[PDB]
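Entry featuring forskolin.
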Amino acid sequence: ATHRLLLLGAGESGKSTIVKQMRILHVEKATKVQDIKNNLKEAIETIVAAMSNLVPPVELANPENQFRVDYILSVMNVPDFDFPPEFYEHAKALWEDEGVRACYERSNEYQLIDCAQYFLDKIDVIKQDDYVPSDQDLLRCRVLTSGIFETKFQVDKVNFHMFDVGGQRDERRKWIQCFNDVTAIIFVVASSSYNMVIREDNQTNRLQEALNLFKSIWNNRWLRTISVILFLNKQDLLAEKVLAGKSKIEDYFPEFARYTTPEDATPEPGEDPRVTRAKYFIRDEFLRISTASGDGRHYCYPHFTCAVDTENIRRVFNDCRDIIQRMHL
Amino acid sequence: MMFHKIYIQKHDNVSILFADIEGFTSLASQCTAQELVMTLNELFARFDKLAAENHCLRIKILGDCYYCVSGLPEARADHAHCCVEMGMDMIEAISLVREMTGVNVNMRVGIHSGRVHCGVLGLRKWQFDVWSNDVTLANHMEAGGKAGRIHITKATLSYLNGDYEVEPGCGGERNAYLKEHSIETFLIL
Amino acid sequence: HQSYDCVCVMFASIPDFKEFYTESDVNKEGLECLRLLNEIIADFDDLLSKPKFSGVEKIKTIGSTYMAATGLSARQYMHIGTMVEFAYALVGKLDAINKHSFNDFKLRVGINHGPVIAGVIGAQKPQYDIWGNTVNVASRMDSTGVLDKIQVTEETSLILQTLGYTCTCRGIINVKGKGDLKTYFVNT
Ligand SMILES: Nc1nc2c(ncn2[C@@H]2O[C@H](COP(=O)(O)OP(=O)(O)OP(O)(O)=S)[C@@H](O)[C@H]2O)c(=O)[nH]1
Ligand SMILES: C=C[C@@]1(C)CC(=O)[C@]2(O)[C@@]3(C)[C@@H](O)CCC(C)(C)[C@@H]3[C@H](O)[C@H](OC(C)=O)[C@@]2(C)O1
Ligand SMILES: Nc1ncnc2c1ncn2[C@@H]1CC[C@H](COP(=O)(O)OP(=O)(O)OP(=O)(O)O)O1
Ligand SMILES: [Cl-]
Ligand SMILES: [Mg+2]
Ligand SMILES: [Mg+2]
Ligand SMILES: [Zn+2]
Ligand SMILES: [Zn+2]
């Protein structure tokens, strides 16, 4: 038995990450170090560069730090950056400046990678010359996907061929090549990106784009009888935004003001009612689309997900094996 | 199934021959359509006979472009020789037809060897055809060829087992595709 | 081989396909790209069944270029106008294809009319084809055209106008083998 699974979703939704969990779970670290340092550099310069362009502009809480700012910006476009020990000191100095931090809290108003906070919180760890990336470091390291990639693995002597594709608008033209003869589709969605917009144009709401992309896949003429497993990914960041209270969901999706938690809903132990409500609301916007057309030709299987948690993925992928083998997929 | 059934099958180790009339548009601009079709039919029917002998299978005619392949339908080892032989007969045919017709008929031949996907497309007016980068290259070798000569690629030469004396083709000078892709060419004697 | 007097030939190309075509292990050495082309050509062949298109004769498929003609069945010039209606229909089919395959394929059409010779040629198979200077110029109107536009010759421009169509002078381009020709773009 050999099942071919295809990973689909908008850019930065977490597809490539889901695959890394399959390696860590069922299947040259030094090469990833340079990538982690690139995420670290890209993060500090993105936050600093957005300080003057926001409305209202964010001010540094320390004059001294302006010099570190000039430093950071001067080495922004450098091709081969050797990462001197000065670089980490300056970056760390800025990341401690409240002005910089306040600007970070308004990162939904500009384009910033998801691993910003993670890598910046451990600059002292990454700067060491004897530094060895952890599992969590590799799962966070972001690197855009371009073209198709095919992974192989086994679970109880059952074969899985996974396909990872680019999620950005341009890269999508390639998806088609994997459509014929697919067992199931895993559609990933960044549940937490409701207060954000896509990189491609800097206007379209990230969640909306996801919704559109899903409706396009669900009603595709070539995927009429292909079931879709839906990962409502980035659950961790969703809960954090919800509880924080700053960015209100109902300001991006007015329909949320009428939404109430369903009865059959199952919260996690000790889960806040507010959180429960948000994640379920998002789930229903996706289910609402899948319910409009299909007729039992193909089904939709929701799943609350958090790709960077090797533990949550182990669990959910097991729910997935059940879905596949069971329904005769 | 949501994708139409596709009638296509892959085939490795095959050879492709492209032959095209030189300045065909110019030619049709001076002699009557009736007269042109006859000169063209005189030449292409003669080609279809040669193909049967040489074990080459004619694909299709695109006005003045004529192509066929060896290694189809059933695989063959003598494959690259068949096409070289086919071109040999073709170049000679054209001469005899040019002789008795009085029309300026000249063709460029191009050969390359490799893989191809072959079959049919669509639902109406089926016609067997070939598709692949190797086929794309073959077509470019004809464009890069020289009048009355059999232009071939290095990949093809490695199948001739050295039964033909060739000379530098210099295809990279005559065709931009050949150059950019770094193709090493040769002209048969 | 029957001789005709007024036939409208059309060459509709998808110049962007060649680039989309790749040969990898994932796409099965380009088989998956051909699956899409197969879908496209099929979606085009289905138009031939629409009653308004019963006068269209699909000649053949050259690569990813669709070749067809009207008038092989003989309110006089309407067949040339019907060819333009088919050129628009092909675009509607490609836009549908684009919607489901997340691509931006654009059609480039070239139409012309005049005398031709129709019949079978060669000793292998009985494939019906057409020849003539007309067919040559039609194809040049395609290879030297513009994406999302229908390029017609001056003589076809006039006829399309008597039928109520509006044209635009493309200019005077040197067509290989023919020389300086004045062409027109049909107005959508
Ligand atoms: N906090 C958190 N971060 C996550 C989660 N899933 C993914 N990320 C992070 O988000 C970033 C983007 O994930 P990634 O897997 O690269 O996206 P992608 O869908 O593959 O992106 P693309 O190649 O289409 S452009 C990575 O830094 C990844 O670690 C999650 O559940 N929680
Ligand atoms: C469909 C894709 C691809 C790459 C496959 C292929 O080999 C071709 O079909 C050939 C070479 C090949 O089929 C032989 C006939 C002809 C007419 C010479 C083709 C065209 O040049 C195609 O390009 C065009 C522009 O249609 C091309 C190159 O397109
Ligand atoms: N029946 C047909 N089927 C397909 N294509 C055709 C047919 N009749 C003509 N053609 C096409 C369009 C024009 C083309 C011939 O021109 P071609 O591109 O070979 O240039 P040419 O012969 O003038 O010069 P050259 O080949 O030397 O560059 O063949
Ligand atoms: Cl998303
Ligand atoms: Mg990715
Ligand atoms: Mg020619
Ligand atoms: Zn595989
Ligand atoms: Zn030609």
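The first sequence line is chain A, the next is chain B, and the lettering continues from there. Residue numbering for chain A follows the PDB entry; the residues present correspond to positions 39-65, 87-388, in that order. Numbers in chain B track the PDB entry; the residues on display, in order, are 377-565. By the PDB entry numbering, chain C shows 879-952, 964-1077, in order. What's counted below: heavy atoms across the whole structure, side chains too, no hydrogens, waters or symmetry copies. Whatever order the structure lists them in is the order used to number ligands and atoms, beginning at 1.
- Put simply, copies of forskolin show up as ligand 2.
- Here the macromolecule bound to forskolin with the most contacts is known in UniProt as Adenylate cyclase type 5.
- The letters of other chains with a heavy atom under 4.0 Å from forskolin are B, C.
- Lab note: most residues of chain B in contact with forskolin fall in UniProt domain Guanylate cyclase 1.
- The PDB entry designates chain C as adenylate cyclase, type II.
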